[PDB]
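What follows is a model of Aminoglycoside (3'') (9) adenylyltransferase carrying bound dihydrostreptomycin.
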Amino acid sequence: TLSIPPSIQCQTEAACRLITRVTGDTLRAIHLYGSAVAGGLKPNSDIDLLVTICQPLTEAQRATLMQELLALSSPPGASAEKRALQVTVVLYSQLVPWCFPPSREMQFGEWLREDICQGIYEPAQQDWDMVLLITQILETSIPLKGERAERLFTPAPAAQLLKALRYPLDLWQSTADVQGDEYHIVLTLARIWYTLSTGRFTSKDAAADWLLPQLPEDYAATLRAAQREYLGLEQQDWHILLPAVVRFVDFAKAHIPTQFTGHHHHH
Ligand SMILES: CN[C@@H]1[C@H](O[C@H]2[C@H](O[C@H]3[C@H](O)[C@@H](O)[C@H](NC(=N)N)[C@@H](O)[C@@H]3NC(=N)N)O[C@@H](C)[C@]2(O)CO)O[C@@H](CO)[C@H](O)[C@H]1O
Ligand SMILES: Nc1ncnc2c1ncn2[C@@H]1O[C@H](COP(=O)(O)OP(=O)(O)OP(=O)(O)O)[C@@H](O)[C@H]1O
Ligand SMILES: [Ca+2]
Ligand SMILES: [Cl-]
């Protein structure tokens, strides 16, 4: 261990074999990461995969990969036997040596099903979240193909990890920026706050529990509602809660650290 949860082994092997067959000789590695390995696998959770390749895929490779991942993935919650897949593809040359912000070659996920069905695919593009993804994989991941992460990737400088953690925080500003993703944003803000304060990464649920006793009660109530929905215990009316979510976002913007809290950098 680390270990692949038995309940996802079959689908994870099928995804691995598809990605291997389509990418052929450009494939460098495939890593399983996220809550399946780090903890907190819930009924709606996806299976998170990072695919490292040497050269860009042809349009043929990309089209085949997208269409066949549609058949291997299901919408979150539709099935207990066939989960949503999230597959991010990255060029090795964006990570070794690092390019900041790094780009991602391709992204599959269920939120893109309607577009992907019609052959509409996001182009390669810069994404600061890749710094966070590789940082998490260096701590907790399983190589399904290729080498263990610590033999393949190198840590980003703290200065760049700081920028990657604060980029989404600065970008959430208006009601429309958060509508449709209320509990997800509230919980991700708790995770960002936890990482900047401790230098560590933790699950959505554990980050909420870490932050709750530190908040004034009004902000603790919004965080509790987000946590309780994520845990399956009650679905809120987020239209009614939107003004309090906006206040929570602004409180986090005002209070989250602007540099790692040092002896508490990520190591
Ligand atoms: C890349 N992961 C997906 C992606 O996650 C994003 C998410 O991104 C959403 C933004 O938070 C949200 O503000 C934005 N809304 C507006 N621009 N109005 C959403 O569009 C954005 N979602 C998205 N781009 N799919 O929040 C980031 C912290 C993320 O987890 C990084 O991985 O989108 C989520 C749906 O929104 C999916 O559940 C995730 O699987
Ligand atoms: N400090 C942080 N700690 C962890 N993830 C963070 C942090 N800041 C931003 N994120 C980003 O939030 C996303 C978390 O991915 P995802 O929603 O799949 O979560 P998960 O932990 O696997 O839980 P789930 O079981 O709900 O899928 C990633 O894009 C990750 O890089
Ligand atoms: Ca996940
Ligand atoms: Cl778990």
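Index from 1, following the sequence. The deposited model was determined using X-ray crystallography, 1.4 Å. We count ligands from 1, going down the list as the structure has it; atoms in each ligand are counted the same way.
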Drug placement: dihydrostreptomycin: ligand 1
What is the closest protein heavy atom to atom 38 (O) of dihydrostreptomycin, and at what distance does it sit? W111 CE3, 4.8 Å
For the 3.5 Å polar cut-off, considering only N or O atoms, please tell me whether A176 and dihydrostreptomycin meet it. yes
Of the residues in chain A that UniProt says bind streptomycin, which ones have a non-hydrogen atom under 4.0 Å from dihydrostreptomycin? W172, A176, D177, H184
Among the ligands and ions shown, which others have an atom less than 4.0 Å from dihydrostreptomycin? ligand 2 (adenosine-5'-triphosphate)
Per atom 7 (C) of dihydrostreptomycin, closest listed option by heavy atom (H184, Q107, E122): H184
Which organism does the entry credit as the source of chain A? Salmonella enterica subsp. enterica serovar Typhimurium
ATP-binding residues (UniProt) in chain A with heavy atoms under 4.0 Å from dihydrostreptomycin: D129
Option set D177, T188, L187, criterion heavy-atom distance to atom 15 (N) of dihydrostreptomycin, minimum: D177
Which other-chain residues or nucleotides lie under 4.0 Å from dihydrostreptomycin, by heavy-atom distance only? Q86, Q107, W111, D129, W172, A176, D177, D181, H184, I185, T188
Every pair of nitrogen or oxygen atoms between dihydrostreptomycin and the protein that is under 3.5 angstrom apart - can you list them with their distances to 0.1 Å?
residue	atom	partner	partner atom	Å
dihydrostreptomycin	2 (N)	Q86	NE2	3.3
dihydrostreptomycin	11 (O)	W172	NE1	3.1
dihydrostreptomycin	13 (O)	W172	NE1	3.0
dihydrostreptomycin	13 (O)	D177	O	2.7
dihydrostreptomycin	15 (N)	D177	O	3.3
dihydrostreptomycin	18 (N)	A176	O	3.0
dihydrostreptomycin	25 (N)	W111	NE1	3.1
dihydrostreptomycin	26 (O)	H184	NE2	3.3
dihydrostreptomycin	30 (O)	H184	NE2	2.9
dihydrostreptomycin	36 (O)	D181	OD1	2.7
dihydrostreptomycin	36 (O)	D181	OD2	3.3

